Amino acid sequence: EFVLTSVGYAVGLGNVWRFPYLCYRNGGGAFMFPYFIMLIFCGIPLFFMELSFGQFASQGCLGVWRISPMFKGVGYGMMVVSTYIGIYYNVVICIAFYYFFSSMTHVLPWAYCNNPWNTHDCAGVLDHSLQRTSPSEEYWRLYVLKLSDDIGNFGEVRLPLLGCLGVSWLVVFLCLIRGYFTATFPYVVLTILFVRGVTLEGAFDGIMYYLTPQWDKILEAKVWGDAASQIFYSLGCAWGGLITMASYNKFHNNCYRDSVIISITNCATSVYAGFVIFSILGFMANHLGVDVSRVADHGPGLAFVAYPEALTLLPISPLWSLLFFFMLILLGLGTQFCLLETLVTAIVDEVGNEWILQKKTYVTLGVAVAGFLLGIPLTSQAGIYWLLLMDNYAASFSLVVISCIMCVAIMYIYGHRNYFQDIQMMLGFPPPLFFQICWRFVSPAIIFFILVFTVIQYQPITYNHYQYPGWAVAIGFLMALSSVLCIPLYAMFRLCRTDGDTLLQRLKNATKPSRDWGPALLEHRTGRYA
Ligand SMILES: C[C@@H](Oc1ccc(S(C)(=O)=O)cc1C(=O)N1C[C@@H]2C[C@]2(c2cc(C(F)(F)F)on2)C1)C(F)(F)F
Ligand SMILES: CC(C)CCC[C@@H](C)[C@H]1CC[C@H]2[C@@H]3CC=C4C[C@@H](O)CC[C@]4(C)[C@H]3CC[C@]12C
Ligand SMILES: CC(C)CCC[C@@H](C)[C@H]1CC[C@H]2[C@@H]3CC=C4C[C@@H](O)CC[C@]4(C)[C@H]3CC[C@]12C
Ligand SMILES: CC(C)CCC[C@@H](C)[C@H]1CC[C@H]2[C@@H]3CC=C4C[C@@H](O)CC[C@]4(C)[C@H]3CC[C@]12C
Ligand SMILES: [Cl-]
Ligand code: NA
Ligand code: NA
């Protein structure tokens, strides 16, 4: 609450790197209305539910499911999703390392078109064919990446990217064993890049495209599904680490205010970063003689094309570039540290024995080595196709499905009356009537309708937006299904060893709360728990 809401909880790579390119891909102004609609009704209530559920019983992601032991497969589905994110999230950081190390010059290498790697259609604003190209993304596409023409063309492994990835993983690991620039500063740099960028010629045309709604695309379930993914990704829902660090709070803590403040601050930061990004696109379209809708590419590297071009127009550009990329590195490292600490704690707690928890260093070393080896294919000539595949399939809508299943399990299996009496124990008042309504009828129905209309409107041979081959779509579907299949598969395991009779009483004996469910203190087990 105005202390940690700005040093973190709102600022990260999910606000300055993912939201701009998702918004640009999905239309720009046609993405804003579903974004706000699904923020108000479909993820402010769920953030509060997750925080209260974590804080009530002081348990992590696994072990909080004593409310209904049969549904423990929801906890394992968040570790599978977090494992996918933890692999490719540290490849975005190693790209920031590459730009940070390449800014230690007297002229920025992406400022002119006289470099040996530039084509004949380069066009800059400092110092023929069709569709003239800015110098900023030729550096990203022909020098940094050396992109190939297909996902099946592996090519050669890029040595500088591999070195930066190794450095990033070593830095992350060295802090797990032993252990300004947060709040204010991430906003000062953004304000500097925003004041310089609304004065340019053509910036207004990129702002109107960013805000003007398009009413012909509100009947598509794809846009609504993509808007739901970003809300849950940035807020941290269904990651698993939100419950773990909510369990350290005091019993009589006001998590309602914290949830509201954090949600609003995160939304404001995302929108402000979008304002910063979309002003540059208008200027690029103006001086390149193209339209704003087609000036750039709908890939995950929009932030590495627009941001370095803005820094080139500022006085003493290298000094600003160094600070910007150092800030990006720190922002990524904080989230990576949080995620890996949560994952290691969850792993050690489940396996816990006498040998384990005394060798926690070796588990941390094994996790870091395993995660470094899986990122090697993402540093080759076809590494951006794999990064886009794991960002659109592995963790896009599985988070929404898992959160919806958790909400349905808490309200309709445990009971809404019991949970409403539980919240009143922590706070002094019952939950607001708006939150009670947007917990039993609104959010589940909205998510259900989006999911149902996604598969009915499917099979157009068009929702495959990047023209991936046949096997890539199958691999993506396997990645997306490996996290939501942990929910029915664990239930089958639990139901095959629960003492009982034919499957009418075994269902009832497995969904009952455990004997040790409730507040985790003797002085707070008052009422229905004494
Ligand atoms: C829950 C995940 O956290 C984040 C998820 C996304 C972003 S993003 C897309 O905006 O870059 C930032 C954080 C993040 O770093 N957070 C730090 C701290 C866990 C988080 C948090 C903790 C709480 C609290 F209020 F419960 F304390 O509120 N937010 C969010 C995880 F912990 F697993 F990493
Ligand atoms: C041990 C876990 C935690 C992380 C692993 C860190 C190791 C594997 C890292 C640390 C620094 C890294 C090296 C740093 C620099 C280079 C130079 C580059 O031209 C080839 C890759 C290479 C040689 C990296 C390969 C892997 C490396 C040795
Ligand atoms: C088994 C029950 C409990 C859950 C339902 C699983 C199915 C129906 C859901 C869960 C996650 C969903 C997928 C998540 C992400 C994407 C990426 C998008 O580009 C195409 C649709 C696709 C592939 C979704 C289609 C349907 C999906 C596979
Ligand atoms: C596959 C993913 C999306 C999970 C699907 C579960 C959700 C979306 C479904 C399955 C069971 C359904 C609920 C079953 C019972 C009720 C009670 C009724 O008074 C209001 C509707 C409501 C609340 C339904 C709404 C949608 C629902 C919650
Ligand atoms: Cl966001
Ligand atoms: Na957050
Ligand atoms: Na952060």
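Heads up, chain A uses the PDB entry numbers, so what you see runs 54-180, 203-254, 263-613. Scope of the values below: all heavy atoms of this structure, side chains included, with no hydrogens, waters or symmetry mates. First listed ligand is number 1; within each ligand, the first listed atom is number 1.
Drug at ligand 1: iclepertin. The chief contact partner of iclepertin in this model is named by UniProt as Sodium- and chloride-dependent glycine transporter 1. According to the deposition, there is no covalent link from iclepertin to a chain. TM segments of chain A (UniProt, N to C) within heavy-atom distance under 4.0 Å of iclepertin: 1, 3, 6. Counting heavy atoms under 4.0 Å, the binding site of iclepertin comprises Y62, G65, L66, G67, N68, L104, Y142, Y316, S317, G319, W322, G324, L325, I345, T418, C421.
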